Chemist: 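I am attaching a structure below and will ask some questions about it afterwards.
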Amino acid sequence: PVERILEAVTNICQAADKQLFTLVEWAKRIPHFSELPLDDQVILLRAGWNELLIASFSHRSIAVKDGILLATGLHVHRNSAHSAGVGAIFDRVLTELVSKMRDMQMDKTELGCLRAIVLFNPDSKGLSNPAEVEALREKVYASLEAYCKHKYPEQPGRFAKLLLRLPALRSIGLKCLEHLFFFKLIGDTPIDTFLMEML
Amino acid sequence: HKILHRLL
Amino acid sequence: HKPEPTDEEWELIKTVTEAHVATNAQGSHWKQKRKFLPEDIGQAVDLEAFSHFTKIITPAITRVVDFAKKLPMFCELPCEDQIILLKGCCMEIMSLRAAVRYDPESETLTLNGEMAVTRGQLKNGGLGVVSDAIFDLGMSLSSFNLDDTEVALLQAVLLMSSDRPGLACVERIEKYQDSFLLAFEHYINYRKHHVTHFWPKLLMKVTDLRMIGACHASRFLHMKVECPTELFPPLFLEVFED
Ligand SMILES: N[C@@H](Cc1cc(I)c(Oc2ccc(O)c(I)c2)c(I)c1)C(=O)O
């Protein structure tokens, strides 16, 4: 039932507080997520948001050639990236993701599930009950396989290929983490209040 | 581009 | 319904399988031909430990390349892409190969099918955290109990990664991967694994592997920061040097 999922300084600070809000509310609208212990929910979010965010705009940038569309509609051309020293990482997103997403015509349904899998990452350290989380993930790509079997029966390998973008998505996630800092430098437990409130 | 080539 | 592999696919299956088999060290008698690395070696970047891994890593690397050459499709690629594919999936496949050789009774991995090392040993050997990533994987693959074929297919798919940087015949490589994946998916249907969600679960491993090779790449940078350049074998360098 990925239908409930599909239905789901003063300048730069305006966003993020909105993106993060939209991400949290997106996760809350995800099956069984709001049922997990408070701590287990925040740990997941904080362990995935990187890839989740990147999975979002990567699919949104399918309608753009050699560019990325972000929250503020601020289209980003690869000319700025290479000029900012992030050309390499930028290109990966276009070829490994944006490209692959376009060439397969990945729909919002598939994107949503893929992002749902990501969230339910049972490997995340510290969470109280992993068995329960990996359960949820199973149930998640359980639906995904059936969707691909009915929605696109003329292509059996679709389901499979859908997952094989997560790897790319992962390693790219990592580069972004290494690139960006600041937030992390704010010591541990810098963000938990909000996550506790949105909860 | 080196030892790889000769191994090919 | 579960579509079993076709005749044109079984041909590719026996091809890849044979390709893996002839290139996996110690064949099927690895358990008896393995030697436990001295518990003293690598205590809590151990020069000694490292020197032993690197002293047996070059055959592994080559054996990987041999697996590639025993694949017609791969032989159809330009030398440019041919090199790139290897450089990328190299650490991944070796990792797979090592991880599928995990022994719960001993909690050790078998490098080159002859060298048993523990989590700690392989960690202090230069890999560091990667070691965990790998052992953990091996632990996970334990319940899968993959056979040569299913392992060969993974290696096959790992090789044909159409997202490696600098590739030319991208749509060409991607087509190959799609071929393997098709047969891969059908083969397990044939195997009729009784476990729930086997195919997906397995595919996630591809994520895990791609992340290992990556952390390994960052490890290599730190390795040449601590360890000397002379302690590195030529082939090894060429493989992970830009
Ligand atoms: N056992 C594999 C071959 C294999 C050989 C070795 I040495 C391994 O450890 C590494 C690898 C890279 C490094 O930089 C360091 I330091 C240690 C692994 I993991 C695998 C096979 O059977 O193909």
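In this entry the chain letters A, B, ... are assigned according to the order of the sequence lines. Quick note: numbers on chain A are straight from the PDB entry, i.e. 231-238, 265-455, in order. Residues 687-694, in that order, are what chain B shows, numbered as in the PDB entry. Residue numbering for chain C follows the PDB entry, covering 210-253, 264-461 in order. Every number for a ligand or one of its atoms is a count from 1 in the order of the listing. The analysis underlying the following values was restricted to heavy atoms, covering all of them including side chains, and did not include hydrogens, waters or symmetry mates.
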Chemist: Which macromolecule here is the main partner of ligand 1 by heavy-atom contacts, as listed in UniProt?
Modeler: Thyroid hormone receptor beta
Chemist: Okay, my options are rofecoxib, selgantolimod, liothyronine, tegaserod, timolol. Which one is at ligand 1?
Modeler: liothyronine
Chemist: What chains, other than any belonging to the drug, come within less than 4.0 Å of liothyronine, counting only non-hydrogen atoms?
Modeler: C
Chemist: Find all residues with any heavy atom less than 4.0 Å from an atom of liothyronine.
Modeler: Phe272(C), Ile276(C), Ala279(C), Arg282(C), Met310(C), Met313(C), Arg316(C), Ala317(C), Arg320(C), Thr329(C), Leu330(C), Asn331(C), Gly344(C), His435(C), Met442(C), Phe455(C)
Chemist: I'm comparing liothyronine with the native L-thyroxine site: which UniProt-listed binding residues in chain C have a heavy atom within 4.0 Å of it?
Modeler: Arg282(C), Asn331(C), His435(C)
Chemist: Wondering about overlap here: which UniProt-listed 3,3',5-triiodo-L-thyronine-binding residues of chain C have a non-hydrogen atom under 4.0 Å from liothyronine?
Modeler: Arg282(C), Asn331(C), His435(C)
Chemist: Look up the source organism of chain C in the entry and report it.
Modeler: Homo sapiens
Chemist: Look up the UniProt domain of chain C with the most contacting residues for liothyronine.
Modeler: NR LBD
